[PDB]
Chemist: 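Sending over a structure with 9-cis-retinoic acid; questions below.
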Amino acid sequence: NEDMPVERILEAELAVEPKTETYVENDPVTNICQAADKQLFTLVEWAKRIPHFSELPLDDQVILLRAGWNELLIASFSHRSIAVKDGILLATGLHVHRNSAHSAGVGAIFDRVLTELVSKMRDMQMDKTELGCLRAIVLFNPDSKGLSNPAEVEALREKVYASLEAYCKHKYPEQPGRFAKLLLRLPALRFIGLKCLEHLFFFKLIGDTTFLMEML
Amino acid sequence: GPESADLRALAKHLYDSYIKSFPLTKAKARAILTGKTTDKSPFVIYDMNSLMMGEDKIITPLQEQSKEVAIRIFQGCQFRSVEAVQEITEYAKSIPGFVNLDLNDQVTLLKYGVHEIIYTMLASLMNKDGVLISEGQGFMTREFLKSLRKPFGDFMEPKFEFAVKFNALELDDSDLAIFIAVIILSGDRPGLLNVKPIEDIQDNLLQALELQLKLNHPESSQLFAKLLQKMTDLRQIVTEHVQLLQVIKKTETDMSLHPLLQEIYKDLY
Amino acid sequence: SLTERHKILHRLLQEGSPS
Amino acid sequence: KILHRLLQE
Ligand SMILES: CN(CCOc1ccc(C[C@@H]2SC(=O)NC2=O)cc1)c1ccccn1
Ligand SMILES: CC1=C(/C=C/C(C)=C\C=C\C(C)=C\C(=O)O)C(C)(C)CCC1
């Protein structure tokens with residue numbers, strides 16, 4: 001019961017990515033990495049606008065974003081790519097098609113993004129409010145090491161659960177399984193997130209690459 | 001609603017089939033772990049000396065000799081898994097709709113589901129000090145497991161850490177029965193051919209689980225969501241274990257995997 | 001194919017566990 | 001580093 005309003009979360013989401021990125025008339029990894037760095041800056045902006053995030057100890061705010069940026073960004077670009085054919089759409093306006101993802105040695109994880117995230121979000125018509133709540137759930141992860149008050153982070157996570165649940169009930173009353181189907185997108189996001197972090201550890205390691213560097 | 005009585009009948013069917021397939025329930029394990037039973041025999045293994053005293057007290061029984069301790073233990077866990085896969089297969093086949101799925105899809109669901117279920121049920125057998133083994137006939141300490149030589153001394157630690165947090169949900173066997181069914185009917189497994197009938201079955205199970213939790217844990221708020229969030233941790237436990245195995249195979253002489261596990265793990269993540 | 005790469009699971013699923 | 005600064009702003 002909206003100690004965590006879904007209207008605000010939707011606001012925080014709508015605060016990124018406009019029409020002007022038509023285009024500006026390949027190396028997918030550098031393109032993806034460049035989109036990542038860009039979106040890392042807007043991620044702090046997103047987080048500030050998620051209810052009660054700012055009200056948390058600052059060091060905590062730092063670790064939550066340190067722990068979840070990875071999944072938080074993958075969640076966003078995946079949902080943005082719902083209408084695209086065999087690819088993703090970056091926040092810089094570029095497409096990455098799968099063949100260049102294979103060409104760059106990252107085909108396997110890339111195809112997982114397409115099947116376990118994008119295609120699933122498309123088939124259920126996940127909405128932006130839903131996407132924002134899931135990201136907030138990923139944000140408020142109380143097992144992250146270094147947290148001063150994990151039970152406060154757990155409390156916030158649980159408020160997203162109740163509020164997202166209420167939202168799905170009101171908006172989609174003919175789909176009583178909707179709230180569970182949303183939460184069940186998270187295991188694939190975690191797996192993908194982990195594999196992606198290893199690939200970046202690798203690209204950092206060989207010098208294939210600023211805010212992003214800090215995050216790694 | 002009028003869906004409620006069939007959702008309770010489904011819960012009950014699953015519980016009954018759980019009791020049929022899994023010899024050591026959580027209810028029985030807790031009685032043992034807290035000392036309640038009277039047929040309370042567990043041989044405790046906490047060092048090399050007690051391991052020697054208790055090893056023969058611990059299924060498919062023979063003696064392939066000369067392996068070091070860490071390897072015999074790591075491999076005992078493997079043979080327990082072999083048994084678990086068989087119990088879980090039986091249980092899966094009792095879930096209404098499962099045996100009517102394409103047989104390729106049945107394979108895929110088991111392939112990607114068994115370890116998540118194994119680690120779930122392993123929690124039922126754990127407390128913060130150790131784990132029950134050989135159906136309650138022994139108990140092996142967490143410190144003992146952690147004392148094994150690299151890389152075998154850390155393979156259990158993520159499983160104890162999961163169990164500590166999982167067990168705080170205080171689920172019972174009736175709850176677990178439905179949750180396990182939910183994990184098997186996962187429509188996100190790679191290579192599924194027919195996703196829709198799987199997700200339809202899973203939706204019904206998920207409705208059954210929510211109702212179970214609401215009735216059985218009426219004071220535990222958002223229990224359903226917190227449980228479903230554990231599927232994310234379970235997925236990570238499994239993918240991290242797979243990776244550890246990949247090191248091990250590239251660096252440990254020739255521990256061979258049991259053929260059932262060879263088939264499960266081949267092309268898994 | 002898949003079931004061919006999973007002979008044992010395939011048998012368990014269709015026939016059950018032998019004694 | 002950046003993250004810290006960006007938060008306090
Ligand atoms: C510590 N215990 C209890 C069981 O503990 C287990 C831990 C891990 C697994 C998963 C196995 S191990 C592997 O690599 N693959 C697998 O499927 C399964 C069981 C035992 C049990 C028997 C002998 C020695 N100790
Ligand atoms: C694509 C892709 C990957 C992406 C990694 C990460 C960490 C972030 C992407 C953020 C975007 C794409 C933001 C946006 O578009 O707004 C990795 C390197 C794992 C492997 C190659 C495929």
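Residue numbers start from 1 in every chain, and the chains themselves are labelled A, B, ... in the order their sequence lines are given, proteins ahead of strands. Heavy-atom basis, side chains included; hydrogens, waters and symmetry copies ignored. Order of listing sets the numbers, starting from 1, for every ligand and every atom in it.
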Chemist: Could you list every ligand or chain that corresponds to 9-cis-retinoic acid?
Modeler: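 It maps to ligand 2.
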Chemist: If you rank chains by how many heavy-atom contacts each makes with 9-cis-retinoic acid, which has the most, and what name does UniProt give it?
Modeler: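 The main binding partner here is Retinoic acid receptor RXR-alpha.
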Chemist: Please list, by chain letter, the other chains with any heavy atom under 4.0 Å from 9-cis-retinoic acid.
Modeler: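 By heavy atoms, the other chains are A.
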Chemist: What is the closest protein heavy atom to atom 4 (C) of 9-cis-retinoic acid, and at what distance does it sit?
Modeler: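 For this ligand atom, the closest protein heavy atom is A:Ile32 CG2, 3.4 Å.
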Chemist: Help me out - I need the UniProt domain of chain A that holds most residues contacting 9-cis-retinoic acid.
Modeler: NR LBD
Chemist: For atom 13 (C) of 9-cis-retinoic acid, what is the nearest protein heavy atom, given as residue, atom name and distance?
Modeler: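 Result: A:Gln39 CG, 3.9 Å.
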Chemist: Return the residue, atom name and 0.1 Å-rounded distance of the protein heavy atom closest to atom 15 (O) of 9-cis-retinoic acid.
Modeler: A:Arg80 NH1, 2.7 Å
Chemist: Any idea which protein heavy atom is nearest atom 17 (C) of 9-cis-retinoic acid, and the distance to it?
Modeler: A:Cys196 SG, 3.8 Å
Chemist: Closest non-hydrogen protein atom to atom 8 (C) of 9-cis-retinoic acid, residue and atom name please, with distance?
Modeler: A:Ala36 CB, 4.1 Å
Chemist: Heavy atom to atom 12 (C) of 9-cis-retinoic acid, shortest distance: which of A:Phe203, A:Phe77, A:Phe202 holds it?
Modeler: A:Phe77
Chemist: Organism of origin for chain A, per the PDB?
Modeler: Homo sapiens
Chemist: Looking at A:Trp69, which atoms of 9-cis-retinoic acid are within less than 4.0 Å of one of its heavy atoms?
Modeler: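 The atoms of 9-cis-retinoic acid under 4.0 Å from a heavy atom of A:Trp69 are 7 (C).
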Chemist: Looking at 9-cis-retinoic acid, does A:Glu17 have a heavy atom less than 4.0 Å from it?
Modeler: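 No, A:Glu17 has no heavy atom closer than 4.0 Å to 9-cis-retinoic acid.
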Chemist: For A:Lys38, which part has a heavy atom under 4.0 Å from 9-cis-retinoic acid: side chain, backbone, both, or neither?
Modeler: neither
Chemist: Pairs of nitrogen or oxygen atoms closer than 3.5 Å, one from A:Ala91 and one from 9-cis-retinoic acid: do any exist?
Modeler: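 There is such a contact, yes.
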Chemist: Mind checking whether A:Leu200 has a heavy atom under 4.0 Å from 9-cis-retinoic acid?
Modeler: yes
Chemist: Looking only at distances, can you tell me whether any N or O atom of A:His199, backbone or side chain, sits closer than 3.5 Å to an N or O atom of 9-cis-retinoic acid?
Modeler: no
